[PDB]
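Nemonapride bound to D(4) dopamine receptor, soluble cytochrome b562 chimera.
The residues of the chain are indexed from 1 along the displayed sequence. Structure method, as recorded: X-ray crystallography, 2.1 Å. Just the heavy atoms: all of them, side chains too, but no hydrogens, waters or symmetry mates, feed the values below. Every number for a ligand or one of its atoms is a count from 1 in the order of the listing.
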Amino acid sequence: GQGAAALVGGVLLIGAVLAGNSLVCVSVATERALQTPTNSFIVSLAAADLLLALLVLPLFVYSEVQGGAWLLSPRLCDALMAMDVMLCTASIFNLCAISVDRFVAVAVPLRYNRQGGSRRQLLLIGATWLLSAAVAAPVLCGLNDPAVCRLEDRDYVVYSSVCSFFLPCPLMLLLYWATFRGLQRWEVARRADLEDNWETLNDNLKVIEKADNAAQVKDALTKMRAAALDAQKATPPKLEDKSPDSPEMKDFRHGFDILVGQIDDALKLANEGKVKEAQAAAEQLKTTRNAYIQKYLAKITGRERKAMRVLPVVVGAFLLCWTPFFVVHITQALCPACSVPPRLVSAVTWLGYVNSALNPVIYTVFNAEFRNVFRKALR
Ligand SMILES: CNc1cc(OC)c(C(=O)N[C@@H]2CCN(Cc3ccccc3)[C@@H]2C)cc1Cl
Ligand SMILES: CCCCCCCC/C=C/CCCCCCCC(=O)O
Ligand SMILES: CCCCCCCC/C=C/CCCCCCCC(=O)O
Ligand SMILES: CCCCCCCC/C=C/CCCCCCCC(=O)O
Ligand SMILES: CCCCCCCC/C=C/CCCCCCCC(=O)O
Ligand code: NA
């Protein structure tokens, strides 16, 4: 009765965690549009969820069929609980790492000399996992004084409730808040104008790629030049009060000067009838914007802020799913006499674990790139 619901519910939960989260990892692996700094953390979150389904949920379900009785070794129980605590902590610490990472990307504009990221996200992810293991490590040493698998050490439970949850949460919330406000300060008033300029650039690079002749190339380059110059005049509020002589204003203007200079050289070539050379100059121009310009066009048009919309939904769902769990557990640990109904302890646990099945759904619905890869699984 109570056992059959756990079994069916558990097999369905485990199936849904493995299915959804493997499809996330494979998608980041197969689709170039998904290989971003942010999605490195999303893969880390997927790993945490896959590991939960592999290492924790099966014996959790088995436990639930036995009505919470634990018939196996007490050392195995300790091993399970330490893994339980670590994976929970790792999910939270990774949501925290995202907000730290995104705040820094926003607050600290950097341009590298060489190809690729710094892999600082990977280092931060490594740090996140080692920190989660550090929080969980004492559980492995055996904290209990029976036939059930529970954390009975009240000081440990309060400690981890605070470190793993009640402390990261407000800080994470403050950081997401600062991050979103930071980006907004970069978004120009005349968004649609700058989007037009941006489309002119991309549409005409494609016209150039397939041109029949030099005049088409020259016409396309001429439009690009005008759009580059317009875009150059779209100043973000972030730099509005910055003087014309400011080294941050001198930066801004410069990226567009390099661009206009490249367009001019391609123009000279097209004008002389050198189609292939003009097309190569323009392709070489698809790489100068690939880093210097386009990164911060997505920023100043509001695209970047829009693409971050999936993150609060993920954070939100995590808070909905785990807040009841941590309120129940810290209460019990602080106040033995504050009796929580066992059926509710069971409920908030399942609620916590079902979070692990939710993120793949959240990405599919609320993020455009993920939604896109998904919707072309119609093959
Ligand atoms: C990150 N902080 C914590 C996380 C916990 O579990 C996710 C718990 C917790 O009490 N977990 C219990 C301990 C075992 N776990 C369920 C389970 C897992 C595997 C086999 C049997 C029972 C329960 C949900 C406590 C803390 Cl402080
Ligand atoms: C935005 C702050 C966080 C909000 C709470 C997060 C909970 C996420 C849970 C997932 C279920 C969402 C179901 C909503 C479906 C409608 C979405 C839509 O209309 O585009
Ligand atoms: C418990 C319900 C959900 C609580 C969490 C809500 C979402 C967590 C993130 C909050 C940081 C605020 C970021 C702004 C979100 C909207 C984006 C925007 O309007 O620019
Ligand atoms: C992210 C959402 C944050 C929500 C914070 C509120 C949750 C914390 C409340 C739980 C404390 C329960 C108090 C238990 C009584 C302790 C009294 C005693 O120690 O004797
Ligand atoms: C490639 C996308 C991410 C990896 C796959 C995720 C696996 C779980 C997705 C299935 C959820 C289906 C329910 C809602 C479908 C939303 C599709 C849509 O909005 O058009
Ligand atoms: Na998780």
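Lab note - all copies counted, nemonapride located at ligand 1. The contact set between nemonapride (ligand 1) and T349, taken as ligand atoms under 4.0 Å from a residue heavy atom, comprises 24 (C). In terms of polar-atom proximity, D84 is counted as a contact of nemonapride (ligand 1), with an N or O under 3.5 Å from an N or O of the ligand. In chain A, nemonapride (ligand 1) lies within 4.0 Å of no UniProt Na(+)-binding residue, judged by heavy atoms. For atom 9 (C) of nemonapride (ligand 1), the closest heavy atom belonging to the protein is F325 CZ, 3.7 Å.
Atoms of nemonapride (ligand 1) found under 4.0 Å from any heavy atom of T89, numbered from 1 in the order shown, are 1 (C). Of the transmembrane segments UniProt lists for chain A, numbered from the N terminus, those with a heavy atom closer than 4.0 Å to nemonapride (ligand 1) carry the numbers 2, 3, 5, 6, 7. For nemonapride (ligand 1), the atoms lying closer than 4.0 Å to a non-hydrogen atom of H329 are 10 (O). Nearest protein heavy-atom contact of atom 20 (C) of nemonapride (ligand 1) is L80 CD1, 3.5 Å. Residue list (UniProt (2R,3R)-nemonapride-binding, chain A, heavy atom under 4.0 Å from nemonapride (ligand 1)): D84, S160. In terms of protein heavy-atom proximity, atom 22 (C) of nemonapride (ligand 1) is nearest to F60 CD1, 4.1 Å. At least one N or O atom of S160 sits closer than 3.5 Å to an N or O atom of nemonapride (ligand 1).
For nemonapride (ligand 1) and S164, the ligand atoms under 4.0 Å from any heavy atom of the residue are 1 (C). Under a 4.0 Å heavy-atom criterion, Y353 is in contact with nemonapride (ligand 1).
Against a heavy-atom cut-off of under 4.0 Å, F326 is close to the following atoms of nemonapride (ligand 1): 1 (C), 2 (N), 3 (C). With ligand atoms numbered from 1 in the order given, nemonapride (ligand 1) contributes 25 (C) to contacts under 4.0 Å with heavy atoms of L151. The residues lying within 4.0 Å of nemonapride (ligand 1), counted on heavy atoms, are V56, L59, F60, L80, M81, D84, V85, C88, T89, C149, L151, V157, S160, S161, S164, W322, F325, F326, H329, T349, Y353.
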Atom pairs and distances, nemonapride (ligand 1) N/O vs protein N/O under 3.5 Å:
from: nemonapride (ligand 1); atom 1: 2 (N); to: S160; atom 2: OG; distance (Å): 2.8
from: nemonapride (ligand 1); atom 1: 6 (O); to: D84; atom 2: OD2; distance (Å): 3.0
from: nemonapride (ligand 1); atom 1: 11 (N); to: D84; atom 2: OD2; distance (Å): 2.9
from: nemonapride (ligand 1); atom 1: 15 (N); to: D84; atom 2: OD2; distance (Å): 2.6

